[PDB]
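By the numbers in the PDB entry, the shown part of chain A spans 1-361. Heavy-atom basis, side chains included; hydrogens, waters and symmetry copies ignored. Whatever order the structure lists ligands and atoms in, that order sets their numbers, starting from 1.
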Amino acid sequence: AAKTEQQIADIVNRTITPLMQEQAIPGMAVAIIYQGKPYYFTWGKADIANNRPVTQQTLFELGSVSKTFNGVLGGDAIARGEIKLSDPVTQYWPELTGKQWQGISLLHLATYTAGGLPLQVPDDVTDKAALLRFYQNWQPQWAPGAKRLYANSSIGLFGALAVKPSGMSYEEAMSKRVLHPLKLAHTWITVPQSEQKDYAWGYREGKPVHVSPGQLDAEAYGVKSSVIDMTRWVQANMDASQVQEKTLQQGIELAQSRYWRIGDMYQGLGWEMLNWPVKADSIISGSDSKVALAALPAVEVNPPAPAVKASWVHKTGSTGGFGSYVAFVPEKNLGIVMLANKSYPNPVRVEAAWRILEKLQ
Ligand SMILES: *C(=O)[C@@H](NC(=O)/C(=N\OC(C)(C)C(=O)O)c1csc(N)n1)[C@H](C)NS(=O)(=O)O
């Protein structure tokens, strides 16, 4: 039976109540899409100290959910015939000399299968003069297409390279090409002076903290957004037909296309999918630092496989003071946006995201 807001309210309240409680979270913003209808919930505060609560306009740092944007942005550019996954990395950054790079294409970067590019850029690399040196001296652990090693410095470099052709900086392309078309008027990279009053404080050992500047920050973990906006983003990704821009639409279709298989999990652009129906255990345990962050053997699906409605699309993200999670089942038109201003364990988030959902399918 078609759940009623109050039965929906029951599940969500039932689940999140105790989470915040035991994970010691200050404020939370969660959204459920139940039969493609948005239902919003918000608990606690955005600012402990200045006693301001979690609003449906409150801005949360998305950490690595930022990557979904990067991947769709790259997909739009692909559709426009501006870039090609197969394109040599050199093509976009000729200055970047050194034979370690010759067989490394845009797919490698996008999908973290270049040869073990690190999870983060040595923050002693705080300028672009230094980002090239870094990449100039990098030493691959494995030949391309061998292992899969989640990394900011990988996809981060894709984002930055993928907008080269267009002549816009990343922030500008992002805005113009994805954010404006979708009407994400509350989704920022550089939060205006005007919006600072809606920008939550992330908590870390009781300290209020905002994500610091960082080479490739924007492209891998620097997008700020609100649960209203996150829900529209999920809605658009969960079904692209609604998208009027031809290129942005295809782009979304591209980022949810399957490029590699890493045992039961498939890799798109930013987005990671699983065949549905899915084993709670697979995704609750595959989300663990120990699997998620490990170098694993990947099976090249090339030509890529096409976005199928019976998949479990999703993406996790963290930042000092922030924990974020997004999941959606295209086929069932269900989704969930969980935004918290305190970083907590991944599989916690993911198991919570499952309890609810499970209850609504
Ligand atoms: C994305 O959320 C991403 N996070 C990072 O790369 C950073 N921190 O996360 C861990 C816990 C791994 C870290 O200490 O580095 C990060 C970037 S800016 C900031 N304040 N933290 C990770 C690696 N992927 S996720 O989707 O599994 O969280």
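- Notes: drug at ligand 1 recorded as aztreonam (open form).
- Here the macromolecule bound to aztreonam (open form, ligand 1) with the most contacts is known in the PDB entry as beta-lactamase.
- Looking at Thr319 next to aztreonam (open form, ligand 1), no N or O pair under 3.5 Å apart turns up.
- Annotation: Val211 places no N or O atom under 3.5 Å from an N or O atom of aztreonam (open form, ligand 1); distance criterion only.
- Residue contacts with aztreonam (open form, ligand 1): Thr316 is placed with a nitrogen or oxygen under 3.5 Å of a nitrogen or oxygen of the ligand (distance criterion only).
- Residue contacts with aztreonam (open form, ligand 1): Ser64 is placed with a nitrogen or oxygen under 3.5 Å of a nitrogen or oxygen of the ligand (distance criterion only).
- For atom 17 (C) of aztreonam (open form, ligand 1), the nearest protein heavy atom is under 4.0 Å away.
- In this entry, the covalent bond from aztreonam (open form, ligand 1) runs to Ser64 OG.
- Not a single protein heavy atom sits closer than 4.0 Å to atom 14 (O) of aztreonam (open form, ligand 1).
- No part of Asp217 comes within 4.0 Å of aztreonam (open form, ligand 1), judged by heavy-atom distances.
- In terms of polar-atom proximity, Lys315 is counted as a contact of aztreonam (open form, ligand 1), with an N or O under 3.5 Å from an N or O of the ligand.
- In terms of protein heavy atoms, atom 11 (C) of aztreonam (open form, ligand 1) is closest to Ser318 CB, 5.0 Å.
- Taking every heavy atom under 4.0 Å from aztreonam (open form, ligand 1), one finds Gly63, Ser64, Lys67, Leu119, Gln120, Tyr150, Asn152, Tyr221, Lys315, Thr316, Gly317, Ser318, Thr319, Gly320, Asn346.
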